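Numbers restart at 1 for each chain; the letters A, B, ... are given by sequence-line order, proteins then strands. Header entry for method reads electron microscopy, 2.8 Å. Numbering of ligands and ligand atoms starts at 1, following listing order. The figures here come from the full heavy-atom set of this structure, side chains too, leaving out hydrogens, waters and symmetry mates. Only a part of the entry is shown; contacts are counted within it.
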Amino acid sequence: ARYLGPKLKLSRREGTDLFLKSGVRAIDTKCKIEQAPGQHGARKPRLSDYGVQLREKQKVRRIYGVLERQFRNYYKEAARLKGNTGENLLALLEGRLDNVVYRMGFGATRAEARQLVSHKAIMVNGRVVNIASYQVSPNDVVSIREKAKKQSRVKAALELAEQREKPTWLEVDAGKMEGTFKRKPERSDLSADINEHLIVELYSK
Amino acid sequence: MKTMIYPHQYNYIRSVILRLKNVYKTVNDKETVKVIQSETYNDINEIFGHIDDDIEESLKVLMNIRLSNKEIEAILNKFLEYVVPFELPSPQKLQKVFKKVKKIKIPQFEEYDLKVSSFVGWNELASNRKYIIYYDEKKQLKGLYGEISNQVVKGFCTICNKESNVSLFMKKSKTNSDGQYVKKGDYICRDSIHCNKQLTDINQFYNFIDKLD
Amino acid sequence: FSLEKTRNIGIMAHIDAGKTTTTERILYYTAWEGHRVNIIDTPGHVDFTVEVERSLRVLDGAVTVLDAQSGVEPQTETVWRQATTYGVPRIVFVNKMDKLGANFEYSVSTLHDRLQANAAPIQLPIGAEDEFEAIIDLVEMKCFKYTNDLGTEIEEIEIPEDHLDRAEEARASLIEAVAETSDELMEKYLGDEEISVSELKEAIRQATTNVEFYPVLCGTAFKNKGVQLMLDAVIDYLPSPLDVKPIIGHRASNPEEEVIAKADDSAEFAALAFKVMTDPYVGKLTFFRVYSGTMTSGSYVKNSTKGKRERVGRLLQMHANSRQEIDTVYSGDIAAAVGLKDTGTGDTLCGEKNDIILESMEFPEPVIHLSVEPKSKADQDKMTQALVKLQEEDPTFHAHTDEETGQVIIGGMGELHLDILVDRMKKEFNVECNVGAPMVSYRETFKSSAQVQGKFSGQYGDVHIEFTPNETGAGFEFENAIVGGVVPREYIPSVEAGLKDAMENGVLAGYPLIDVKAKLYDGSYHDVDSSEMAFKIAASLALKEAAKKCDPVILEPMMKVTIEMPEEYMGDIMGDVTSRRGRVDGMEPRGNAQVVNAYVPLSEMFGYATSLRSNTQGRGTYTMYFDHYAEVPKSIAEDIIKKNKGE
RNA sequence: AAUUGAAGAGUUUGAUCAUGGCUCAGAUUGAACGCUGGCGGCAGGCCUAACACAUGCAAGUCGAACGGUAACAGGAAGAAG
RNA sequence: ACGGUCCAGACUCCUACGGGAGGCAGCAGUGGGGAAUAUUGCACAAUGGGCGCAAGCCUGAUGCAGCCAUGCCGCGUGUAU
RNA sequence: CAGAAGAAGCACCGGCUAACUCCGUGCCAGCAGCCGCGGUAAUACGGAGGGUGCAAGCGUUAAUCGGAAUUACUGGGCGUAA
Ligand SMILES: CC(=O)O[C@H]1C[C@@]2(C)[C@@H](C[C@@H](O)[C@H]3[C@@]4(C)CC[C@@H](O)[C@@H](C)[C@@H]4CC[C@@]32C)/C1=C(\CCC=C(C)C)C(=O)O
Ligand SMILES: Nc1nc2c(ncn2[C@@H]2O[C@H](COP(=O)(O)OP(=O)(O)O)[C@@H](O)[C@H]2O)c(=O)[nH]1
Ligand SMILES: [K+]
Ligand SMILES: [K+]
Ligand SMILES: [K+]
Ligand SMILES: [Mg+2]
Ligand SMILES: [Mg+2]
Ligand SMILES: [Mg+2]
Ligand SMILES: [Mg+2]
Ligand SMILES: [Mg+2]
Ligand SMILES: [Mg+2]
Ligand SMILES: [Mg+2]
Ligand SMILES: [Mg+2]
Ligand SMILES: [Mg+2]
Ligand SMILES: [Mg+2]
Ligand SMILES: [Mg+2]
Ligand SMILES: [Mg+2]
Ligand SMILES: [Mg+2]
Ligand SMILES: [Zn+2]
C-alpha cells in the first residue's frame, strides 16, 4: 500500500526532481537525474501519446505518494465537485494532511511527514489524527504533539522548510509549531510544472 | 575412524538389510533365517572392514529378529554418517571438464544427494542433453554429455541393472573433415538421482561408460 | 465394567482349527463371571495375515486354537510369530477332541518341537474322540465332567484314580514350567512346599502376561466341552488393559517426543482406528480401540494422523448378533463409531486439543502383481471406482494403470487375495474383467546383417544403410559413413531421427529394437527435390526393408535367481526351475542350507514365491537380479506377435 | 446547489480510398481458478438438486375464566424422636 | 393453513404382521450435486412480536459472535543520512 | 512498555500497449486477444539481468454494457460494395 522502493529512481524516470529527498545535498550530486533508471536508461525512446499522459499522472502520484485506487477516487470527486476538474484534483491532494505537514515544514519530506502523522505525533484542531488522507479544512489549526515537539527531526525539518519557498495559504509559527490553513491553495499558487489537463484526459480515456 | 563406505556400497547395505527384515517376516523357518542372518552379518562386516562398537551394536540389532524399520532407519542414518559424499569440482574445473560446452552451468545438488550418489548427472531439457560427471578409477573427474530420447519406456536400466523408466542415451564420437561420426548408446534412467540410489556397484557404472566409449 | 475386569482378546488359529466355532460357543456361553470380554476374530488363512497382524496390534491377549488331530500347523507358526513380534500374551486351546485321531499329548509336543514355546498343560483330557467326556484341572486338582451335549451341565468330581497319578505328574510338570519364571514358585517347588491354587494362578498369570509361559487347555467347541474353562482361563491368566504395557505414541508437533498413553478414563482421549467396514444399515463403520480417556456420542474428535476434525454421530457396541448403541466409550474398550468420514485404518483419534499420534500399522508391499482388463469401457470406469473403494478398505491392495500399455495392474499379498478382490469387483460392482499375468517388457533385435536401400520419391530422399547385429547389451550404434557429400550433412540428422523413431516402435510386435548397428554408407539427393522429411521417411523405409531381411527376433528378460533352501527340498526346486525354462548354473552348500544359482525368464518367475513356499514348505527363499535379454522361443514369440498385432 | 457531456487502435492491397466483419484498450460481478497474503472498519456469502435429510432448536402464554392439586415451597392442625 | 386435519401416491421408518410414524424451500448441520458459497455459536442487554393486570414467560425474529481477501474503504510493512 | 523489530507479492516489456537486452532452443520445444512469432545472431519460445504497471493483492476464465453510427428513435443505408 506504500512504495518503499528507492526514491531517486522515481525522479530519474520522470526526468525532474520529485522532491523525495531532504535537499540538504543537490539531487544531481546524489544521483544521475538526467539518465532514466535501468541498463537501457541512457537510451531515450520517443514518448507515445498514452505515455505522455501516463507519465504526468505518475509524476503527481509520486510527488504526493498516493496510490492509483486512491488517486482514481480523487479524480472522480474532482469531477463531481463543480469547477475545473484538474484544479479541484490538485487542491484535494494539497488538502491531504501529509502534504500540509510537509508544507508547514514539520516534516523534511512528505514521507517523513507521513511517519509523524502515522505515529500520532500530529494533532489537528486538538484531536490526534493518524490519517494521511485526512483533508484539512480552511481555518483548521495543525500543531505537533508536545511529546513530539522534543523530537530533533521536526526542528531540523523546520530549518529545511526555511530554505524552501513558503506557501501563502499556510501560516506557520516556529517554536509553537502550529499552522492554520487559511485558504485552499490556488492552482496558480500550486506548481506550474504539473499539468492537470493530461491527468484528466488519461482518466477520461 | 568411521569406515569410508562408498555410496554404492551404502545402497547395497540398505538393500540387504531390507531383505533381512523381509526375511524375518517372510520366513517361517528359523534355520533359513539363521543362514540369512549369518550371511548378512558377514556381508556387512566385509563392506565395513573393521567394525566399531556402533556398527557391532547395529549389526546386533540387525541380527535380532525383533529388528524394526524405525531401528533400521536409525541404523541407516548411522551408516549414512560413515558414507562420504560425492566430491563437487570448482566451477573453473567444470568448464575444463566441458570446454566444448561454452558457459556450461551446473544446477545446485543436495549434499545428501552427493552422499547417496556415486556419480552426478544433470540433464538440460532444451538441448535434450544429459551431462554425467564421475571420478574414474584413478579418481580423475570424467564428464560425458549425451543426447537423451524424449520418448520414455519401461525397461531394465543398464546403469543400475534395475527396471525403471529409461530413455536412450547416445554419445557422439569426434566428427572429422568428412563429417563422419558414430553415436553409441543404451537405455538409461531419465532421473540420475533415482539411478544413483538404485546403483549398488560402481563397477557396473564404470562398465556402462566403457560401453558408451 | 472396570478396567481391571476388562479383557480384550483375539482368536488365532490355522485353517479348519474350529476357530470360528470356538468364538460362537464363547458368545453362546456369555460378559463372563462379572468380567467384560471383547473378542476380535482373526483370519486363519495365510493370505489374510495382514488382518491378523492389525488385530494383534490392538489386542491385549490372544487365544491360540489348535486341532487336537493336527497340532501346530504352518499357519499356526506364522500367527504365533506375529503375536511374538507384538509381544501379545496368549493361551493355547486344544480343539476337536472329538475328532477321530485326537491326541492332546501330541499337540502339546508339537508346540515344543515347532514353536519351542514354554507351554505346559493346565488341563488334562479324560478320553479321546468319542470317549472324551471330562477334563482334569491341574491347578485345582479337580475333574469336570460334561453330562450333556449342550455343555450347560458341568459336574465337578474327584480326579479318577486311573488319572490321579497322571494328574499329579502333570501338575508337577506345570509347576516346574511356571517355577522357571517365578522365584517364589521355584523355591516352593524345590522345597516340595504346598503351592495354593491362588498362588499358582497368580504365578501363571504373571508368566503369561510376561509372555514367558503359555497355559495349554483342551476341549471341543463342537461338543460344547472346555469352552467355559477356556473363558475362565482368559479371565484368570490373560491381562487387562491395566496389566499390559501402555501404548507409546508421538506428538504430531514433535515426532521425537514419545508420549505414553496409559489406560485411564480421566486422561486425555486417545484412540486408534484398526478396522473400517461398509455396512448397509449404518453406512461406514470405523472400529477403534480407546487407549486413554473417554469419548461421548455426538462429540467432536481430531484425527491426529490427518489433522482433520471429525464428529462421531453414534457409538456402536457389538453384542454377538445383536448391536447396542452406547453413549460413552471408555479407556481399554473397543467399539465402532458412525460418521467418521475421513478416519481410515491405522489413524489415531484424540481430543481436539490433543495431538498424540499412536504407532500406526505398517502395511507390506504387494508380493503378487496381475493385469486386469475390463471387457467394456463402461466396466473400466466401474472398475476404477471399485478398485479405489477396495484400496481404501485394504491398503495392502495396490491397483494402478500402466500408462504405457494401458493395462490395469493389481498387486496383492496372495493369489487368493487378488482372486477375492477380482471376485468382489465382479459380484459387488458388477464389473466384467479378464485377469492375467502382466505382460513382461520385451525388446526386439536382429540376428543377421543386411544392406538395404530406402528410397522416397518433387520430394526426394535416398539412403543406403547397412544393419548389423550388435553384441548382447552393446546397445544401439549409428555410424555416418557418407563420403563426398552423397547425402547433404543437413539431412543426416533427419535420417538419424527417422531411424530412431522407427527403432523405438519396433518391427515385429512393436517393441523397441536394441543391440543393432546401423551404418549409413551411401545415398542420393536432388538439389531442388530433396527435403528433411523425405530423408526421414527414406530412413524409416530402410528399417522396414531391413526387418524383412535381417531375421528379427523377440527378446525376453533373463533373471539370475539365487535360491536358498534345505537340501531335502533341493530335488523339488531343481525340477521346478527346469519346468520354468530355467537353467541351473551352480549349487553350493551353506551351513544346513543349500544355495542354488539359476537363470530363469522373468515371464516364468511370476508366482514363483508361492511355488517355492509350497515346494519347500515355506523353508526356502530366493533373490533375483536382471542378467541379460535372451531370445524367446518361436512358439512364444508367435503368441506375442499375435497378441500385439491383434491376431 | 441538485450540473461537468461524447477519445480510438490492429487486421483484406504491391500500394490506395471506401465498404465490411473480426479483435483489443474501459467499467461491472453473489463470481470461480492459479500464484501470493499484515491489520482494521463495513458489507456480502448454494446462482447448481423446488435433491434426500441424522440431531437439537425456531410458538407459546394466561391461576385476575374454571374444576383441581401432579409437583413443590410453605402455613395451620394433629400425632410424633 | 411451513413446524394443523382428512384422503391418495411416492419415499423413509416401526411392528407382536394386526397396524402404525414422518416431511429443514425456519436456524445450525449432514450426505449428494457442483467451478463454487460459512458455525449443529451467544443473548433475549436493545428494537420488534405473542400471551398476561402486571411481574414475567416465549421469540434461530432480532442483536451480536465464528468462518471466508468475496468486495469496498482506510492503514502498515519503517524514515532521514 | 520493548524493539525496525513481526509484515510484498503478481502480471507484463514485437505492434495495438507503458516497459530490452543477454543466453539457451532451432518451424523443435513453445507462444498467441488480434496481427502473427519459432527452420542457428528470437526485444514475441524458456530462463537471467534490467524495466513497466499494479499492490494484500495480481493475473486467468465466465458474464453484462461500452467502444459498435455494427439494427442508426437519438444516429446508417439500397447505380457498381449486402
Ligand atoms: C472374519 C475373519 O476373521 O476373516 C474374514 C474377513 C476377511 C479376512 C475374509 C476373507 C477376505 O475376504 C478378507 C480380505 C483380505 C479380502 C480382500 C479385501 O476384500 C479385504 C478388504 C478383505 C478384508 C478382510 C476379509 C474380508 C474372512 C475370512 C477368510 C475366508 C477364507 C478363505 C480361504 C476365502 C473368514 O471369514 O474366514
Ligand atoms: N469335530 C469337530 N469339529 C469342530 C470343532 N470345532 C469346530 N469344528 C468344525 O470344524 C470346522 C472349522 O471351521 P471354523 O469353525 O470356521 O474354523 P477355522 O476354519 O479355523 O476358521 C467347522 O466346520 C466347525 O464346525 C470341534 O471341536 N470338533
Ligand atoms: K475497421
Ligand atoms: K426482547
Ligand atoms: K433514422
Ligand atoms: Mg487497499
Ligand atoms: Mg473361520
Ligand atoms: Mg401453520
Ligand atoms: Mg418444517
Ligand atoms: Mg437450512
Ligand atoms: Mg463434489
Ligand atoms: Mg422453546
Ligand atoms: Mg511501447
Ligand atoms: Mg539465439
Ligand atoms: Mg451501437
Ligand atoms: Mg452502413
Ligand atoms: Mg457483384
Ligand atoms: Mg449488388
Ligand atoms: Zn538406472
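Per PDB records, the drug at ligand 1 is named fusidic acid. The chain that fusidic acid (ligand 1) touches most here appears in UniProt under the name Elongation factor G. The heavy-atom neighbours of fusidic acid (ligand 1) at a 4.0 Å cut-off, by chain: C.
Residues of chain C that UniProt annotates as binding GTP and that have a non-hydrogen atom under 4.0 Å from fusidic acid (ligand 1): C:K19, C:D41, C:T42, C:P43, C:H45. The shortest N or O to N or O distance between C:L416 and fusidic acid (ligand 1) is not below 3.5 Å.
Put simply, atom 24 (C) of fusidic acid (ligand 1) has protein non-hydrogen atoms near it, under 4.0 Å away. The shortest N or O to N or O distance between C:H417 and fusidic acid (ligand 1) is not below 3.5 Å.
Within a 4.0 Å radius of atom 35 (C) of fusidic acid (ligand 1), the protein contributes no non-hydrogen atoms.
Of the protein's heavy atoms, C:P43 CG, 3.4 Å lies nearest to atom 4 (O) of fusidic acid (ligand 1). Nearest-heavy-atom check against atom 20 (C) of fusidic acid (ligand 1) across C:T20, C:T396, C:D394 picks out C:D394. The side chain of C:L421, and not its backbone, has at least one atom closer than 4.0 Å to an atom of fusidic acid (ligand 1) (non-hydrogen atoms only; side chain from C-beta on). The contact residues of fusidic acid (ligand 1), taking heavy atoms under 4.0 Å, are given as C:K19, C:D41, C:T42, C:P43, C:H45, C:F48, C:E51, C:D394, C:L416, C:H417, C:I420, C:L421, C:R424.
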